[PDB]
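Here's L,D-transpeptidase 2 with ertapenem (bound form) bound to it.
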Amino acid sequence: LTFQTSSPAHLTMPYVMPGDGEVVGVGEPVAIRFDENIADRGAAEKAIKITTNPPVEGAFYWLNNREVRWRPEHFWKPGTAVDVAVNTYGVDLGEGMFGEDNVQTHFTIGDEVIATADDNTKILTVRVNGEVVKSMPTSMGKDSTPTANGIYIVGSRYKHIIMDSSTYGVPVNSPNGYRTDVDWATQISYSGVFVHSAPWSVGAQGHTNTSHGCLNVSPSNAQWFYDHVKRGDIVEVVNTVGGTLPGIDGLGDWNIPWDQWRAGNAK
Ligand SMILES: *C(=O)[C@@H]([C@@H]1N=C(C(=O)O)[C@@H](S[C@@H]2CN[C@H](C(=O)Nc3cccc(C(=O)O)c3)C2)[C@@H]1C)[C@@H](C)O
């Protein structure tokens, strides 16, 4: 260990996901987010060593100037072990900004869990290692506020959460504002798409889209989803009238074509 002198106004710390020792789904990218913008992305990439077992080819792609992602071309093979060494201590990351410390994470890939929300049937079907285990009626985004098609990575889950218009700039007492209690909410996009309990749309679920974009399901089915899906599992939306989820959403990584992802956006 060689010591590096430092200043609190020229240091940046990396933060790695997923957590050390976690079991995650086949869609989980390695994520390294810095608490500062990174001027020299190539220097950050050269300081990060990702190794996998069984070994698979992967590559870095930056979602923005703060966070880089690493993933293979296809979903992970279940049982894969992944080691992440972020060896940024003392590294010159550009513009007088230096890496504050090293971080090391290890994680493993669990079962393959892919839930397909098909707008033609209004059914969300969960497959585990290829086998259907659950079929849930759903109501997705109305035509004016559709659910985007594409591959979504499961993120955080909440027993209870408040959806509040103030966060998008719309006061609660506006014609378009809302303050909504939601149970059993599984996040699948940073943009705000959740699978969640929607008692108010149970008659439409399986029939017609009435949501602002979220995947409405019954209270019991939402609780089931909360219990059985984990960070890194996949939700694929198909056949809606929306476009495609943006690749740099935060959970939209798999919608970027591999040739573009692998080419990267550092150098
Ligand atoms: C489920 O539907 C889920 C929310 N509900 C949302 C909504 O009410 O629109 C969306 S938020 C997401 C952020 N980008 C788009 C969007 O167009 N937001 C928007 C809509 C109207 C006005 C404004 C504005 O002026 O700021 C922004 C959709 C998401 C699916 C939970 C949180 O209800």
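Since chain A takes its numbers from the PDB entry, the residues it shows come out as 141-407. Indexing begins at 1, ligand by ligand and atom by atom, following the structure's order.
Residues of other chains with a heavy atom under 4.0 Å from ertapenem (bound form): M303, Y308, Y318, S331, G332, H352, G353, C354. Close approach of ertapenem (bound form) to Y318 (heavy-atom distance below 4.0 Å) involves ligand atoms 5 (N), 6 (C), 7 (C), 8 (O), 33 (O). Counting protein heavy atoms only, atom 33 (O) of ertapenem (bound form) is closest to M303 CG, 3.7 Å. Residues of chain A that UniProt gives as binding substrate and that have a heavy atom less than 4.0 Å from ertapenem (bound form): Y318, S331, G332. In this structure, atom 17 (O) of ertapenem (bound form) has no protein heavy-atom contact shorter than 4.0 Å. At a distance under 4.0 Å, a protein heavy atom can be found next to atom 31 (C) of ertapenem (bound form). Checking UniProt active-site residues of chain A against ertapenem (bound form), the nearest one by heavy atoms (to 1 Å) is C354, 2 Å. Within the deposited model, the covalent partner of ertapenem (bound form) is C354 SG.
The distance criterion of under 3.5 Å between nitrogen or oxygen atoms is not met by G332 with respect to ertapenem (bound form).
The protein heavy atom nearest to atom 10 (C) of ertapenem (bound form) is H352 O, 4.1 Å.
At the top of the distance list for atom 1 (C) of ertapenem (bound form), counting protein heavy atoms only, stands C354 SG, 1.8 Å.
The overlap between the UniProt Ca(2+)-binding residues of chain A and the residues with a heavy atom under 4.0 Å from ertapenem (bound form) is empty.
Distances from atom 28 (C) of ertapenem (bound form) to the protein include no heavy-atom value under 4.0 Å. The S331 neighbourhood of ertapenem (bound form) comprises atoms 11 (S), 12 (C), 13 (C), with distances under 4.0 Å to a heavy atom of that residue.
There is a protein heavy atom closer than 4.0 angstrom to atom 6 (C) of ertapenem (bound form). For atom 22 (C) of ertapenem (bound form), the nearest protein heavy atom (residue, atom name, distance) is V310 CG2, 4.3 Å. Per UniProt, most contacting residues of chain A around ertapenem (bound form) lie in the domain L,D-TPase catalytic.
Annotation: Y308 places an N or O atom under 3.5 Å from an N or O atom of ertapenem (bound form); distance criterion only.
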